[PDB]
Every structure is written in structure tokens, then in C-alpha cells.
Amino acid sequence: XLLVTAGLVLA
Amino acid sequence: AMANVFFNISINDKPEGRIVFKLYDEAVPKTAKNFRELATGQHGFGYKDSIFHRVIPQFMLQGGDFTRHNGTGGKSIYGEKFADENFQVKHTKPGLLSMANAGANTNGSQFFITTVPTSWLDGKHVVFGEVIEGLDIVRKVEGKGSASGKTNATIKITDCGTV
């Protein structure tokens, strides 16, 4: 999806 | 505790000019202090010579991983992570600075600059400033990104600090 995560990148 | 922050940006080593940010110290003083002092490099490390490693058109520019340059690193002036200070400012417009994280209370040094409103991130990512000059440079960098976030040119912060 649209996320801004630091290492586990999600859909 | 109040000066605006600048990044000089190059794209494949071509200087593109300066982005200037106003930080929201009155809303998030701990978060703003972290970004400002990583930009000045006063603790001996920070954003100078780092890259934007994940750029997604119509969404945001992600950078600030000055230890691993790929999303797996970064550290704050308070240590490897610090708490979400609050979520009072929302992702209402292009050009906002907000903290990237790996779940609750995992802020370090990675941040993003929005190119659209990103309201679905409200309450999960701390918003802490805004672009006041150089949104054109933000849009130029944005065009070097892709849906996966991979860039087709190196986007570098060649100098940074306070104005």
C-alpha cells in the first residue's frame, strides 16, 4: 500500500 | 532551537540547489531538535553525504538512513530510537517532513518529504516541519523515483545545516 517504514517495507 | 534547516541536493552529482525547511518546534520540539542537529552534524554524524534511498512518485521522498543507506539504518541524537512525540500535526499538504518508523516509538533518523496529502499516515508518523523553499527540487527528485521506490540516479545531500 502507501507506507513509510524503516526496514519491513509493507504493501 | 529555531533556525531553519537547509539541504543542498545533487542528482548524479549535478547540483540542483537548496531545499529549506521550517520545523515545527512549538509542536514537536524533541523531534525537530533531532532533525536540526542531524542536519548540522554537531554530534559528529548526520545527514551530510547521505542519500534518498526510496522515492515514490505521487507519494514521498524517503531519506535519512546515514548508516546503511537502504532503509535498515539510521540513529537519532537520543540513541538508536526515540518515542513518538505526538501526532498533532496531520499530513495535509505536499512538502511536509514526517518521521519514517518501524512501528510505535521507533523514530531514528529516517524521514520523508510528502509530495501529496498522506492522511492515511496521520496518528502513526510524526509530522515535524515543512518545505519553505525548493519544492521544485523535491519534484525533480520525485521524477527520478519509481513505484518500487528505486531511483534511477543518485540523490545526495551534499551539504546541510542551519541557515
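To find a chain, count down the sequence lines: A is the first, B the second, and so on, and within it residues start at 1. Heavy atoms only: backbone and side chains are in, while hydrogens, waters and symmetry mates are out. FYI, non-standard residues read as parent or X, and their leftover atoms are not counted in contacts.
The chain sharing the greatest contact count with chain A is, according to the PDB entry, Cyclophilin A.
The option from ziconotide, cyclosporin A, etelcalcetide that is found at chain A is cyclosporin A.
Residues touching cyclosporin A within 4.5 Å, heavy atoms only: B:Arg54, B:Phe59, B:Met60, B:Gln62, B:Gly71, B:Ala100, B:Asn101, B:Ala102, B:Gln110, B:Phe112, B:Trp120, B:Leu121, B:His125. Heavy-atom contacts between cyclosporin A and chain B below 4.5 Å involve the following residues of the drug: A:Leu2, A:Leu3, A:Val4, A:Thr5, A:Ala6, A:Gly7, A:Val9.
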